[PDB]
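Structure first, commentary second.
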Amino acid sequence: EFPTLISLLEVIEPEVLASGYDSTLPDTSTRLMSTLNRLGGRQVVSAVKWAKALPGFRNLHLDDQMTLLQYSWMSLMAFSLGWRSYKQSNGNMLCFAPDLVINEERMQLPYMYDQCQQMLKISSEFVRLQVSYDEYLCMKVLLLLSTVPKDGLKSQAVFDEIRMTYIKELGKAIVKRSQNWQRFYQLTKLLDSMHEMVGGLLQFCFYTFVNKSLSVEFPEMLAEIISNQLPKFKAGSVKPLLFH
Amino acid sequence: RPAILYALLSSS
Ligand SMILES: C[C@@H]1C[C@H]2[C@@H]3CCC4=CC(=O)C=C[C@]4(C)[C@@]3(F)[C@@H](O)C[C@]2(C)[C@@]1(O)C(=O)CO
């Protein structure tokens, strides 16, 4: 019989991309942020493929699929970054890629320290709660489904049912490992706090995107997403789904 | 609307 949803989430999880960061040239903040955005664009492409393979996702209207990915790309990438940093270094360093870790000479670069602290926060929550792989996979799906327009979606019905599916799945992963309800509480608190941790990252992203002087480069993928997303965030027409 | 994103979703 048919493979479990959880086993499917494992097979569709993208492989970690390499950055090609040349730690041979001198470390500058503009160059590091540019490299991170390049790697970001590629990871997002990877996430579109992943979302497409996601049972249920293709049943949403194309506008809604686009909306969800637009609003949650930053949280998807920050969540995986937290995961890799947890597995690869127990949350001691940011592990962006096998060829790109943030050491103390590049954490001390202008603008870096604060953004890196916010990202390590995410990592250290995985450490605190000792999150399992399966918990992580289900939570990552829920993140894709966590930020919606205040004016609702088109296929609201299909959307509500998709959320129910993956909440079930998180529940099952919790069952198959404190106490079930406490664990669910803690993990959905973690999801809720992602909105705050990531709001700050978005703010800095918008700043590096709009700042002419700074000359941080964005690939065209992200540039188009960010460019579109920015007016919606100013206008405050973006709603977090919170469990609490 | 973000063209590369939309295209990515419409295709492969
Ligand atoms: C502080 C922000 C948050 C950053 C992002 C955090 C999440 C992420 C994880 C990765 O594995 C690769 C790229 C991204 C998707 C990212 F690291 C880069 O894009 C650079 C980024 C936007 C940022 O560093 C900038 O705005 C620099 O311009």
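To find a chain's letter, count down the sequence lines: the first is A, the second B. For chain A, we keep the numbers from the PDB entry: what you see runs 528-704, 709-775, in order. Chain B uses the PDB entry numbers throughout; the residues present, in order, are 17-28. Keep in mind that the numbers below use all heavy atoms, side chains included, and drop hydrogens, waters and symmetry copies. Just follow the structure's listing: the first ligand is 1, and inside any ligand the first atom is 1.
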Which of these options (padsevonil, dexamethasone, rebamipide) corresponds to the molecule at ligand 1?
dexamethasone
- Largest contact partner of dexamethasone (ligand 1) (naming from the PDB entry): Ancestral Glucocorticoid Receptor2
Other chains with a heavy atom closer than 4.0 Å to dexamethasone (ligand 1): which ones? A
Notebook entry, point to check: What protein heavy atom sits nearest atom 28 (O) of dexamethasone (ligand 1), and how far away is it?
Noted result: A/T739 OG1, 2.8 Å
| task | Could you list which atoms of dexamethasone (ligand 1) come closer than 4.0 Å to a heavy atom of A/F735? | result | 1 (C), 26 (O)
*Relative to the heavy atoms of A/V747, which atoms of dexamethasone (ligand 1) are at a distance of less than 4.0 Å?*
28 (O)
**Q.** Proximity to dexamethasone (ligand 1) by part of A/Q734, non-hydrogen separation under 4.0 Å
**A.** neither
| task | Look up atom 4 (C) of dexamethasone (ligand 1) and tell me if a protein heavy atom lies less than 4.0 Å from it? | result | no
Please confirm whether A/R611 comes under 4.0 Å of dexamethasone (ligand 1), counting heavy atoms of the residue only.
yes
field: Option whose closest heavy atom lies nearest to atom 11 (O) of dexamethasone (ligand 1), chosen from A/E748, A/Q570, A/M604
entry: A/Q570
Considering heavy atoms of the protein only, find what lies nearest to atom 23 (C) of dexamethasone (ligand 1) and give residue, atom and distance to 0.1 Å.
A/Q642 OE1, 3.6 Å
Ignoring hydrogens, tell whether any protein atom lies closer than 4.0 Å to atom 1 (C) of dexamethasone (ligand 1); use the non-hydrogen atoms only. yes
Suppose we measure from atom 26 (O) of dexamethasone (ligand 1) to each protein heavy atom; which comes out shortest, and what is that distance? A/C736 CA, 3.1 Å
inquiry  = Judged on heavy-atom distance to atom 22 (C) of dexamethasone (ligand 1), which of A/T557, A/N564, A/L563, A/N742 sits nearest?
reply    = A/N564
Identify the closest protein heavy atom to atom 17 (F) of dexamethasone (ligand 1): which residue and atom is it, and at what distance?
A/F623 CE2, 3.4 Å
Quick one: what's in the binding site of dexamethasone (ligand 1) at 4.0 Å, using heavy-atom distances?
A/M560, A/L563, A/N564, A/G567, A/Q570, A/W600, A/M604, A/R611, A/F623, A/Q642, A/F735, A/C736, A/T739, A/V747, A/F749
Tabulating one pair per line, provide the atom names and distances (0.1 Å) for every N/O atom of dexamethasone (ligand 1) that is less than 3.5 Å from a protein N/O atom.
unit_1: dexamethasone (ligand 1); atom_1: 11 (O); unit_2: A/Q570; atom_2: OE1; d: 3.0
unit_1: dexamethasone (ligand 1); atom_1: 11 (O); unit_2: A/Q570; atom_2: NE2; d: 3.1
unit_1: dexamethasone (ligand 1); atom_1: 11 (O); unit_2: A/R611; atom_2: NH2; d: 3.0
unit_1: dexamethasone (ligand 1); atom_1: 19 (O); unit_2: A/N564; atom_2: OD1; d: 2.8
unit_1: dexamethasone (ligand 1); atom_1: 24 (O); unit_2: A/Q642; atom_2: OE1; d: 2.5
unit_1: dexamethasone (ligand 1); atom_1: 26 (O); unit_2: A/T739; atom_2: OG1; d: 3.4
unit_1: dexamethasone (ligand 1); atom_1: 28 (O); unit_2: A/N564; atom_2: ND2; d: 3.1
unit_1: dexamethasone (ligand 1); atom_1: 28 (O); unit_2: A/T739; atom_2: OG1; d: 2.8

